[PDB]
Visitor: 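I have a structure here, written as structure tokens, and I will follow up with some questions on it.
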Protein chains: 2
Amino acid sequence: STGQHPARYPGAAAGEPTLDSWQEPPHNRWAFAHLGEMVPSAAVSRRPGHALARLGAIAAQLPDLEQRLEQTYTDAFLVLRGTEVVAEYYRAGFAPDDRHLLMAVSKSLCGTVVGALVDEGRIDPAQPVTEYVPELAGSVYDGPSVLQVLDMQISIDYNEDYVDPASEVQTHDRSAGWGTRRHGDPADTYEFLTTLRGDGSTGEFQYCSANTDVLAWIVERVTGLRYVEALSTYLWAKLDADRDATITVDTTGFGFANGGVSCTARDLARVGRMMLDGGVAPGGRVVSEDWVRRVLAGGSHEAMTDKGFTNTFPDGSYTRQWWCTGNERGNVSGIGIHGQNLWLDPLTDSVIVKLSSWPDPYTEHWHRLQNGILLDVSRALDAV
Amino acid sequence: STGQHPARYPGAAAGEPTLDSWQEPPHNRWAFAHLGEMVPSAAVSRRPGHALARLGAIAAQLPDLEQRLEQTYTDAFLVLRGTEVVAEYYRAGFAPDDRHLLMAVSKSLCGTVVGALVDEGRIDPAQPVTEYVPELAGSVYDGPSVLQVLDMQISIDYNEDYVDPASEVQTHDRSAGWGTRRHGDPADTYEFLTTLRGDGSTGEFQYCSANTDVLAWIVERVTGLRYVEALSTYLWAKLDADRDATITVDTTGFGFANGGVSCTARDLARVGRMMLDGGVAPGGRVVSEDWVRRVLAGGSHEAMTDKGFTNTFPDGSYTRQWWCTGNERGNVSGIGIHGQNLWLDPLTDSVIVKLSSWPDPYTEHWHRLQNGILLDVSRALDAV
Ligand SMILES: NCCCCCC(=O)O
Ligand SMILES: NCCCCCC(=O)O
């Protein structure tokens, strides 16, 4: 039992509707207006082939930038300096207003929602996860504080070998609908989370996507809103975005908070703009000045033992669902597999969005190239 | 074997990607930009409770109209007289720009695409289905002409008892992803179609959703385009619609042509406007004047033996995926279960869109009420 969860619609029974009941009353009134949430669906374009390159100014400083973007399988690239879009690139076949999967950049958005609730006093990061999700008692999340989830400083037995279907990484995906269910798999994401275990130690960084989903679960218990709605109410609806964002949902309607959000490059930049504006967005304050300051300040360096990160960023750290480089520019970034970045360059008051599709989720090679681009573009924005 | 089908993306292998391979190259470049086509997804609103009733003029003639709409579980209602929206209604919780499942009104859209191709000389309705889809040899579609599919005049052993999972109606849904697959079910919609059989007789009307999917299959074989794209290229992209429409897709990416399209009420009205404009839309001619004329003229009355239709419309018929009332007003309508109608009233040059969610897919009761409303509103538009 995973306890109470936000109903898919007002008055809906637990877990309703399912793929086999959405056509029945009372579910159908809701389902007929949100079928994409139940069945895979394609867009039928209202509009009746070549890459779009508008690298503007930085072009002179970075002559081979377009080629570098192509080399890193770039789908969408956008640089926002202050409130102005100063550079843009979209591969052939990807429109400027098309949406792109964010993978783990989604985590930084979730952390933002949590931050909003902390500001409201609805969530106390010092409290144990079980204070908000009692059903996580008996799991690896029994004992750790919400802040430890936010900073991913919980030791968890989590097999990351996606080649092995028995791995936690693969099981997590199947439990959420990202892959075909296998006999024995948990019914939904909530159930999957309760199956996680660890030695009980905390304090050391361990990147684990399950942590973000636990944060989303906490968000639901504290607000009573489906994570999908909370993500809109506390963040998306305040950005004055061009388009809605989307998020994959599991069989209960629970959004895949750790990596299932998709949005346009320009809209993602609005999240970065909000961060560089002390937590304020066009529709109102999203998070407190303090929350933003803590994100830019970074997490405990000693907790960060991931060489994949520290080899490039020796003084790097992680906090509140954001990667902190700890470099001379104080760069902080949301990061997602296959080349997704919501990169903040406070020095130039700029945001760099890079959405890609590397053939591999992660390799030292791709990261070296990707970071080289983000750093070069950041430096190209410096006053000279 | 169901033969060649349009690749999900340029160069894609047959059936790729699947729910278990979309994250892999080369599929991921496409998948990351169209994840909703693979995994159920929810919209994260960019916008931060009460019914909207703007029945304008017809209000005076139909004082209790709003109540009548509520009684028939109306979600969206819109009347377009000429090029002007003269009446609108949206239930509480449904925004004017929200999309709604069209159910079988989707069939009329498919027939329109077929008509466009007939006008181009790419499809000859007199030709046997097997001329375009040879793989349907050995099935109930081996022998009948494309026109017989268009007019649904093929006898098919098709169990319509949805309560029975073994029924063709239920199996059709599961094969397309509208329901959870059961061991033994066809892998996709194409395969399901090839399993259909009949006594070989033709000429009498038999409403069967499988017919529309065969039409979509023909569309794909003749154009080489995924039905999703053909629906946009030959119809949607020429309407100057406010929003994209959406269509559910099965595991191969094949759109559920018979009933999976969703769109706004106002945009659906643009389809009716095109029909009343002799087949021309803002973006160009969609179908020929002759095609539209044949739709308004109706099909063979003798073929129409469905009492559920003739008890209300004695001189009714069906042709090219449209229901023809044969009444004194010459009303013709796209119809879908649970109360969906794309109703044409040529006399007043008006289109009536009614999207609903009746608790039941079909009952004499709901239809009596629904038709009473459509007829009363049509008459209220008459010059006096
Ligand atoms: N859990 C499935 C993949 C989620 C994305 C993870 C990441 O981008 O680091
Ligand atoms: N084949 C699943 C239902 C399709 C809708 C049918 C109809 O509206 O008549």
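In what follows, every chain begins at residue 1, and chains take the letters A, B, ... in the order their sequences are listed. Worth knowing before you read on, the calculation uses all heavy atoms, side chains too, and leaves out hydrogens, waters and symmetry mates. Each ligand, and each atom within it, is numbered from 1 in the order the structure gives.
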Visitor: Not sure I'm reading this right - what drug is at ligand 2?
Guide: aminocaproic acid
Visitor: In this deposited structure, which macromolecule lies in greatest contact with aminocaproic acid (ligand 2), as labelled in the PDB entry?
Guide: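 The chief partner is 6-aminohexanoate-dimer hydrolase.
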Visitor: Heavy atoms under 4.0 Å from aminocaproic acid (ligand 2): which other chains do they belong to?
Guide: B
Visitor: By chain and residue number, what forms the binding site of aminocaproic acid (ligand 2) with heavy atoms closer than 4.0 Å?
Guide: B:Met103, B:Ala104, B:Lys107, B:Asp173, B:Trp178, B:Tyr207, B:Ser209, B:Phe256, B:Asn258, B:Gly336, B:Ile337
Visitor: Counting non-hydrogen protein atoms only, what is the nearest one to atom 3 (C) of aminocaproic acid (ligand 2)? Give residue, atom name and distance.
Guide: B:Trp178 CZ3, 3.8 Å
Visitor: Among all protein non-hydrogen atoms, which one is nearest to atom 4 (C) of aminocaproic acid (ligand 2), and what is the separation to 0.1 Å?
Guide: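 Heavy-atom neighbour on the protein nearest atom 4 (C) of aminocaproic acid (ligand 2): B:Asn258 OD1, 3.2 Å.
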Visitor: Looking at atom 9 (O) of aminocaproic acid (ligand 2), what's its closest protein heavy atom, distance included?
Guide: B:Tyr207 OH, 2.8 Å
Visitor: Of all the atoms in aminocaproic acid (ligand 2), which lie at a distance below 4.0 Å from a heavy atom belonging to B:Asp173?
Guide: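 Per the distance check, 1 (N), 2 (C).
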Visitor: Dump the pairs for me: aminocaproic acid (ligand 2) N or O, protein N or O, distance under 3.5 Å, to 0.1 Å.
Guide:
from                         : atom 1 : to       : atom 2 : distance (Å)
aminocaproic acid (ligand 2) : 1 (N)  : B:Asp173 : OD1    : 3.2
aminocaproic acid (ligand 2) : 1 (N)  : B:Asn258 : OD1    : 3.2
aminocaproic acid (ligand 2) : 8 (O)  : B:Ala104 : N      : 2.8
aminocaproic acid (ligand 2) : 8 (O)  : B:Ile337 : N      : 2.8
aminocaproic acid (ligand 2) : 9 (O)  : B:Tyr207 : OH     : 2.8

